[PDB]
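Lab note: Protease (Retropepsin), darunavir bound.
A, B, C, ... go to the sequence lines in the order they are written. All chain A residue numbers match the PDB entry; in order, they span 1-99. The numbering of chain B matches the PDB entry: 1-99, in order. Ligands are counted one by one from 1 in listed order, and the atoms in each one are counted from 1 as well. Hydrogens, waters and symmetry mates are skipped; everything else that's a heavy atom, side chains included, is used.
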2 protein chains.
Amino acid sequence: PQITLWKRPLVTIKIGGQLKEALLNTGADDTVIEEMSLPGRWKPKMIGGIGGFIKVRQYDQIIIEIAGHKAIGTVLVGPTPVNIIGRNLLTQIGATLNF
Amino acid sequence: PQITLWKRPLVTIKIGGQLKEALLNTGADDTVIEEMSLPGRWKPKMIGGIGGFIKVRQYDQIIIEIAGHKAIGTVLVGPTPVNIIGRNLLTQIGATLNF
Ligand SMILES: CC(C)CN(C[C@@H](O)[C@H](Cc1ccccc1)NC(=O)O[C@H]1CO[C@H]2OCC[C@H]21)S(=O)(=O)c1ccc(N)cc1
Ligand SMILES: [Cl-]
Ligand code: NA
């Protein structure tokens, strides 16, 4: 796809069998999803956004489908205003910015 | 150009006579720049993301040069940790996400 930016670049994702909406976010180093259950152990992470730093749960090697594209990588879980797909998974699906 | 997302998509911008580095941010509706003076009227706004909200000044009809391409639109000025070029200006330079 070639996605223009007149609207939010929202796509459907699938994680743990569940469809969710998420924003493709070139401004995010990391993928951050709202509270949900994920398998395995997690490790601590602090991430800094516009308003300050927060604690999140870091899960590694999570299978996620993004707009029909398969990715396997790190997902952060915490109080984000919207689910965000960051560069760690945008690279896996081959996304680029073009102008 | 085509910008890969292995690293943060940083570009040079010219705004208010000043060169700055900024992040191309498809996850942001509005452009937000670190504290600086801009001409004309403004009004206060609150914007929020991970870690909460910050108060900014909203300036309308500001010209920015983004990696060489001139665009005009609203610029928010405030204590953002990173200068961010949001969709409101990315659209004007014809930026798309491709995968
Ligand atoms: C949270 C998003 C819905 C919205 N944001 C833009 C977003 O891309 C920020 C943009 C950004 C980038 C760096 C620092 C602050 C904000 N990225 C961000 O918080 O990413 C976090 C997850 O990965 C980590 O990598 C970057 C910080 C972490 S935001 O900065 O909160 C925001 C809200 C409204 C406007 N107009 C502009 C920005
Ligand atoms: Cl267009
Ligand atoms: Na103005």
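Mapped onto the model, all copies of darunavir cover ligand 1. Other chains reaching under 4.0 Å from darunavir (ligand 1) with at least one heavy atom: A, B. Residues in other chains coming within 4.0 Å of darunavir (ligand 1) by heavy atoms are A/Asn25, A/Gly27, A/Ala28, A/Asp29, A/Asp30, A/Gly48, A/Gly49, A/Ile50, A/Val82, B/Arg8, B/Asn25, B/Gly27, B/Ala28, B/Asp30, B/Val32, B/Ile47, B/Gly48, B/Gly49, B/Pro81, B/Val82, B/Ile84. The protein heavy atom nearest to atom 30 (O) of darunavir (ligand 1) is A/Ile50 CB, 3.4 Å.
In terms of protein heavy atoms, atom 34 (C) of darunavir (ligand 1) is closest to B/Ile47 CB, 4.0 Å.
The atoms of darunavir (ligand 1) that sit less than 4.0 Å from any heavy atom of B/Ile84 are 10 (C), 11 (C), 30 (O).
Using a 4.0 Å cut-off to heavy atoms of B/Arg8, the atoms of darunavir (ligand 1) that qualify are 26 (C).
Nearest protein heavy-atom contact of atom 33 (C) of darunavir (ligand 1) is B/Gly48 O, 3.5 Å. Residue A/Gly27 has at least one nitrogen or oxygen atom sitting less than 3.5 Å from a nitrogen or oxygen atom of darunavir (ligand 1), judged on distance alone. The ligand atoms of darunavir (ligand 1) that sit less than 4.0 angstrom from a heavy atom of B/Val32 are 35 (C), 36 (N), 37 (C). Any N or O atom pair closer than 3.5 Å counts here, and B/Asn25 shares at least one such pair with darunavir (ligand 1). The B/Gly49 neighbourhood of darunavir (ligand 1) comprises atoms 31 (O), with distances under 4.0 Å to a heavy atom of that residue.
The shortest N/O to N/O separation between B/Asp29 and darunavir (ligand 1) does not fall below 3.5 Å. Shortest contact from atom 13 (C) of darunavir (ligand 1) to any protein heavy atom: B/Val82 CG2, 3.7 Å.
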Short N or O contacts of darunavir (ligand 1) with protein, under 3.5 Å, listed by atom name?
residue, atom, partner, partner atom, Å
darunavir (ligand 1), 8 (O), A/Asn25, OD1, 3.1
darunavir (ligand 1), 8 (O), A/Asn25, ND2, 2.8
darunavir (ligand 1), 8 (O), B/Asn25, OD1, 2.8
darunavir (ligand 1), 8 (O), B/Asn25, ND2, 2.9
darunavir (ligand 1), 17 (N), A/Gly27, O, 3.0
darunavir (ligand 1), 23 (O), A/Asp29, N, 3.1
darunavir (ligand 1), 23 (O), A/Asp30, N, 3.3
darunavir (ligand 1), 25 (O), A/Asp29, N, 2.9
darunavir (ligand 1), 25 (O), A/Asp29, OD2, 3.3
darunavir (ligand 1), 36 (N), B/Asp30, N, 3.4
darunavir (ligand 1), 36 (N), B/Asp30, O, 3.4
darunavir (ligand 1), 36 (N), B/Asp30, OD2, 2.8

